[PDB]
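Going by the PDB entry, the residues shown for chain A are 25-57, 59-252, 254-294, listed in order. Scope of the values below: all heavy atoms of this structure, side chains included, with no hydrogens, waters or symmetry mates. Atoms within each ligand, like the ligands themselves, are counted from 1 in listed order.
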Amino acid sequence: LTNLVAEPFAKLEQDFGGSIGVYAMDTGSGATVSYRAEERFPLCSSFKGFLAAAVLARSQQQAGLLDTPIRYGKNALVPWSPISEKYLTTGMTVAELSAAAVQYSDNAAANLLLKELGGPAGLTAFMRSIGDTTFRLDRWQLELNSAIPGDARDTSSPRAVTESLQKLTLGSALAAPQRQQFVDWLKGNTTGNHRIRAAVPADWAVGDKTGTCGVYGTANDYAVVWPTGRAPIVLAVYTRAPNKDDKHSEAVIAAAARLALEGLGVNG
Ligand SMILES: *C(=O)[C@@H](NC(=O)[C@H](N)c1ccccc1)[C@@H]1N[C@@H](C(=O)O)C(C)(C)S1
């Protein structure tokens, strides 16, 4: 049921000047679209969705975790921290940091939450615990964005991202209240309007998390999509390019998502 219908991903990545990795899953029939799906690509900020899921998992065992206030000093503010910078003088709750990391890709909030989980190895351990043997986080923001060609640190594959996203949003990896909260955070994301969402009709529900490393044409998005009248679709789109100063493209991510949906026979 893989690639029942061929799509021109090769021409798309050639026009972009890099590599594109795609894995899309129709959760009803099990049919898939797959292109470079088992290659490693840098996560960039897309790790933060899984970080929020790991926080929610912990909260099943710590009833008070989400409401815990976290205070932080100016030395915790990283470039691109649009929410946490407004609460420096007050603090934010764990739930609010999680929402900011997912929905604004707030870099300081993500580092604070990583600390709570025991750092990159603690997030990697959570992904191992849901059966993902590919994902690895090695460093913190912003060093994890280096996107060096051939470097396996801070990478996963489009396929493993999609498989883990499915387990967390639709499967049994989180208890039902935490599952819906993860979904609601993804649905409220603000940074993805020009990526997978641009290929999804306005009358369908969707949640996503983006990543943009800033170098090596490296950027990405993953999403769960609920077309009306059929089962949901889970997909991941990752890009990279050979030269440090190659620019990323939002349009190429949207175009790859359109091809994935066409390949699954989802009318959009
Ligand atoms: C994670 O990927 C973060 N990326 C960065 O901080 C980069 N230094 C950067 C690249 C391009 C423009 C500004 C910063 C954050 N997540 C990105 C995303 O979710 O697409 C981001 C651009 C919102 S910042």
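The drug located at ligand 1 is named ampicillin (open form). In the deposited model, the macromolecule with the most close contacts to ampicillin (open form, ligand 1) is named by UniProt as Carbapenem-hydrolyzing beta-lactamase KPC-2. According to the deposition, the covalent link from ampicillin (open form, ligand 1) ends at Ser70 OG.
Among residues UniProt marks as active site in chain A, the one closest to ampicillin (open form, ligand 1), with its least heavy-atom distance rounded to 1 Å, is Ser70, 1 Å.
Source organism (PDB) for chain A: Klebsiella pneumoniae. Within ampicillin (open form, ligand 1), the atoms closer than 4.0 Å to a non-hydrogen atom of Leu167 are 6 (O), numbered from 1 in the order shown. The ligand atoms of ampicillin (open form, ligand 1) that sit less than 4.0 angstrom from a heavy atom of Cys69 are 2 (O).
A heavy atom under 4.0 Å from ampicillin (open form, ligand 1) is present in the following residues that UniProt lists as binding beta-lactam in chain A: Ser70, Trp105, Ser130, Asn132, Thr235, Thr237. Taking only nitrogen or oxygen atoms, main chain and side chain alike, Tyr129 does not reach within less than 3.5 Å of ampicillin (open form, ligand 1). Shown in contact with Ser70 at under 4.0 Å from a heavy atom are these atoms of ampicillin (open form, ligand 1), numbered in order with element: 1 (C), 2 (O), 3 (C), 4 (N), 15 (C), 16 (N). Protein heavy atom closest to atom 4 (N) of ampicillin (open form, ligand 1), with residue, atom name and distance, is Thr237 O, 2.9 Å. Put simply, part of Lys234 is less than 4.0 Å from ampicillin (open form, ligand 1), judged by heavy atoms. Around ampicillin (open form, ligand 1), within 4.0 Å by heavy-atom distance, are found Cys69, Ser70, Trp105, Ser130, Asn132, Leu167, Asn170, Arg220, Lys234, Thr235, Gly236, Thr237, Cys238.
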